[PDB]
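Complex: meropenem (bound form) / Beta-lactamase.
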Amino acid sequence: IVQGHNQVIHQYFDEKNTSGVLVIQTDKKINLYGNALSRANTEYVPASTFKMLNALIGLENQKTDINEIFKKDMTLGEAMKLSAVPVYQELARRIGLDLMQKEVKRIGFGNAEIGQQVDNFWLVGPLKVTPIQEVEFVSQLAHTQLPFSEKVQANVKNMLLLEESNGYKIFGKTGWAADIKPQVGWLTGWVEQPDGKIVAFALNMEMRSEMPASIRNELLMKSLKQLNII
Ligand SMILES: *C(=O)[C@@H]([C@@H]1NC(C(=O)O)=C(S[C@H]2CN[C@@H](C(=O)N(C)C)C2)[C@@H]1C)[C@@H](C)O
């Protein structure tokens, strides 16, 4: 885990007047970029990035399936990108506290502590995770190396497609914990390059209420281009 060639990307974060880190994981190597590199090994609430693990747990334990319509009426996959209806809260209650805690410990996600409220522990605590831990988790998902069904991992990966450009596929999940102080913003995912190679990323930055949600994607894309990952 090493600071990368950071001269330019550091300035990208500086221009937004906030602190952020970008963690990049290729085969074996992790590199750190941004203007607040200590964030990479700092624990934060995962916020909506936990939807990835919620979905894996719910699908693996047959508490839902990819075709179920949650009463706008929505599937699990549509709810991955949009939060108009509380699908993942409902799924967490179906899973229940016992099974959720067992699965979170089996995966070893972050500090693996979910407390006693099964439907909000990922937003206000006590569950916390570092950006390095998030990039390792999503790298395992991208490579079908998590200890879940191969089909479940493929189904969750398919829910996470963000953009496709000139043969590159960008997968990922945003999160924003706006009700804690300081606010935390996430964009965690991976690039599938045209030849099949995977480069995983975790962007983590301090948010403020006036920022557009798209600031995370903007910083990510500019940085990935500067690093020649896309
Ligand atoms: C997950 O972190 C939350 C979910 N994700 C998300 C995002 O990453 O952009 C938004 S939070 C952010 C968007 N606008 C602000 C807002 O208050 N709402 C439109 C609700 C905050 C979205 C709510 C959530 C499921 O925890």
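All residue numbers given for chain A refer to the PDB entry; the residues shown span 32-102, 115-273 in order. Every number for a ligand or one of its atoms is a count from 1 in the order of the listing. Side chains included, hydrogens not; waters and symmetry mates left out as well; all remaining heavy atoms used.
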Between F81, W219, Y131, which one has a non-hydrogen atom sitting closest to atom 21 (C) of meropenem (bound form)?
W219
Closer than 4.0 Å: a protein non-hydrogen atom to atom 10 (C) of meropenem (bound form)
no
Covalent anchor of meropenem (bound form):
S79 OG
Check each atom of meropenem (bound form) against the heavy atoms of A78 and keep those under 4.0 Å away; list them by number with element.
2 (O)
In the PDB record, where does chain A come from, organism-wise?
Acinetobacter baumannii
Does the protein put a heavy atom less than 4.0 Å from atom 3 (C) of meropenem (bound form)?
yes
Heavy atoms only: which UniProt active-site residue of chain A is nearest to meropenem (bound form), and how far, rounded to 1 Å?
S79, 1 Å
Evaluate the 4.0 Å heavy atom contact test for atom 26 (O) of meropenem (bound form): does a protein atom fall under the cut-off?
yes
Could you tell me, atom by atom, which parts of meropenem (bound form) come under 4.0 Å of a heavy atom of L166?
26 (O)
Closest protein heavy atom to atom 1 (C) of meropenem (bound form), given as residue, atom name and distance to 0.1 Å
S79 OG, 1.4 Å
Got the closest protein heavy atom to atom 8 (O) of meropenem (bound form), with its distance?
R259 NH1, 2.7 Å
Quick check, please: with a 4.0 Å heavy-atom cut-off, which UniProt beta-lactam-binding residues in chain A are near meropenem (bound form)?
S79, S126, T217, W219, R259
Against heavy atoms of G218, which atoms of meropenem (bound form) measure under 4.0 Å?
2 (O), 8 (O)
Binding site of meropenem (bound form), heavy atoms under 4.0 Å
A78, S79, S126, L166, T217, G218, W219, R259
